[PDB]
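Reading through the structure tokens given below for one structure.
So for chain A, numbering is the PDB entry's, and the shown residues are 44-280, in order. Worth knowing before you read on, the calculation uses all heavy atoms, side chains too, and leaves out hydrogens, waters and symmetry mates. Numbering of ligands and ligand atoms starts at 1, following listing order.
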Amino acid sequence: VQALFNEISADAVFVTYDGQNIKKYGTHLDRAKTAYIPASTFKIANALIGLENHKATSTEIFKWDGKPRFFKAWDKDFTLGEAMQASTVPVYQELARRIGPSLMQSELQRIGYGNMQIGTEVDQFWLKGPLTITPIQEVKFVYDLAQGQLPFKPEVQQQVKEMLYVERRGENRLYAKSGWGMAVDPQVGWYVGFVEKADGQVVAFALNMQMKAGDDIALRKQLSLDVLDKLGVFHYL
Ligand SMILES: *C(=O)[C@@H]([C@@H]1N=C(C(=O)O)[C@@H](S[C@@H]2CN[C@H](C(=O)N(C)C)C2)[C@@H]1C)[C@@H](C)O
């Protein structure tokens, strides 16, 4: 596990949580207590707040408006779950605008998300600050989500859990969300989620690492799945 991490120029930390024990791996363990912008991982909290406050449903289609978006892959219609796995920022900015700054600010404080700051811009706060969050806070947030223990309706947490369903491996289920914050210096990479193992135990995790523009998009998930296989949490099929 440690030889894998410094096989790159990787400034990285990988955190796991089983509900009692926080474990740290990687080349820079202090990253786990350091706060970073959530970037696209905020789409987990955005969906939860939006569904809880009746601003959207998990079957509604957010239709493209015709204007070219940041990635051509985003130039189509999306449900919240489809936009979750595509990381479609414009769909979740439209949701944040439905929520509004005062409700969004009040809700993030209610659930104690990160530093609980959003400032004035309701569609920018998770992309360039001031909202920050540590990897430990991230593992504990998605772990609570996995257990239905966040301050949200149970069916709301279940809907967002399904939005994160990315792989079935026998009787083991992986739930995950990627993040790449490019509008900050330095750039930050996220891969957070949890494995619902075949034996019934849940293990939440969060990769958090420094990025630069040349980096391959698939590196975060590869690293995370590689480590999870080593840990025995999620063996390769
Ligand atoms: C969020 O952190 C930012 C988005 N996160 C991305 C990422 O984690 O890959 C990309 S999405 C990019 C285009 N869609 C591709 C994809 O995920 N699949 C094809 C599965 C990669 C984006 C930088 C967001 C704030 O811009």
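- The chain forming the most contacts with ligand 1 in this entry appears in the PDB entry as Beta-lactamase.
- Sitting at ligand 1 is the drug meropenem (bound form).
- Using a 4.0 Å cut-off to heavy atoms of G222, the atoms of meropenem (bound form) that qualify are 2 (O), 8 (O).
- Heavy atoms of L170 found under 4.0 angstrom from meropenem (bound form) belong exclusively to the side chain.
- Protein heavy atom at the shortest distance from atom 17 (O) of meropenem (bound form) is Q128 O, 3.8 Å.
- Of all protein heavy atoms, the one closest to atom 10 (C) of meropenem (bound form) is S130 CB, 4.3 Å.
- Judged by heavy-atom distance, the UniProt beta-lactam-binding residues in chain A that approach meropenem (bound form) within 4.0 Å amount to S83, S130, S221, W223, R263.
- Among protein heavy atoms, the minimum distance from atom 22 (C) of meropenem (bound form) is reached at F114 CE1, 3.9 Å.
- Each of the following atoms of meropenem (bound form) lies closer than 4.0 Å to a heavy atom of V132: 24 (C), 25 (C), 26 (O).
- Near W117, meaning under 4.0 Å from any of its heavy atoms, are these atoms of meropenem (bound form): 26 (O).
- Covalent bonding of meropenem (bound form), as deposited, involves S83 OG.
- Within the listing of meropenem (bound form), atoms 2 (O) sit less than 4.0 angstrom from a heavy atom of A82.
- Taking any N or O of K86, backbone or side chain, none lies under 3.5 Å from an N or O belonging to meropenem (bound form).
- Taking a distance limit of 4.0 Å, we find that atom 7 (C) of meropenem (bound form) is approached by some protein heavy atom.
- Of the polar atoms of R263, at least one N or O is found under 3.5 Å from an N or O of meropenem (bound form), judged by distance alone.
- Looking at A129, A226, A261 and measuring to atom 11 (S) of meropenem (bound form), the nearest heavy atom belongs to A129.
- Annotation: atom 24 (C) of meropenem (bound form) to nearest protein heavy atom, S83 OG, 2.9 Å.
- Nearest UniProt active-site residue in chain A relative to meropenem (bound form) (non-hydrogen distance, 1 Å): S83, 1 Å.
- When only non-hydrogen protein atoms are considered, atom 21 (C) of meropenem (bound form) lies nearest to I260 CD1, 3.8 Å.
- Not a single protein heavy atom sits closer than 4.0 Å to atom 19 (C) of meropenem (bound form).
- Heavy atoms of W233 found under 4.0 angstrom from meropenem (bound form): none, in either backbone or side chain.
- The shell of residues around meropenem (bound form) (heavy atoms under 4.0 Å) is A82, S83, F114, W117, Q128, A129, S130, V132, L170, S221, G222, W223, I260, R263.
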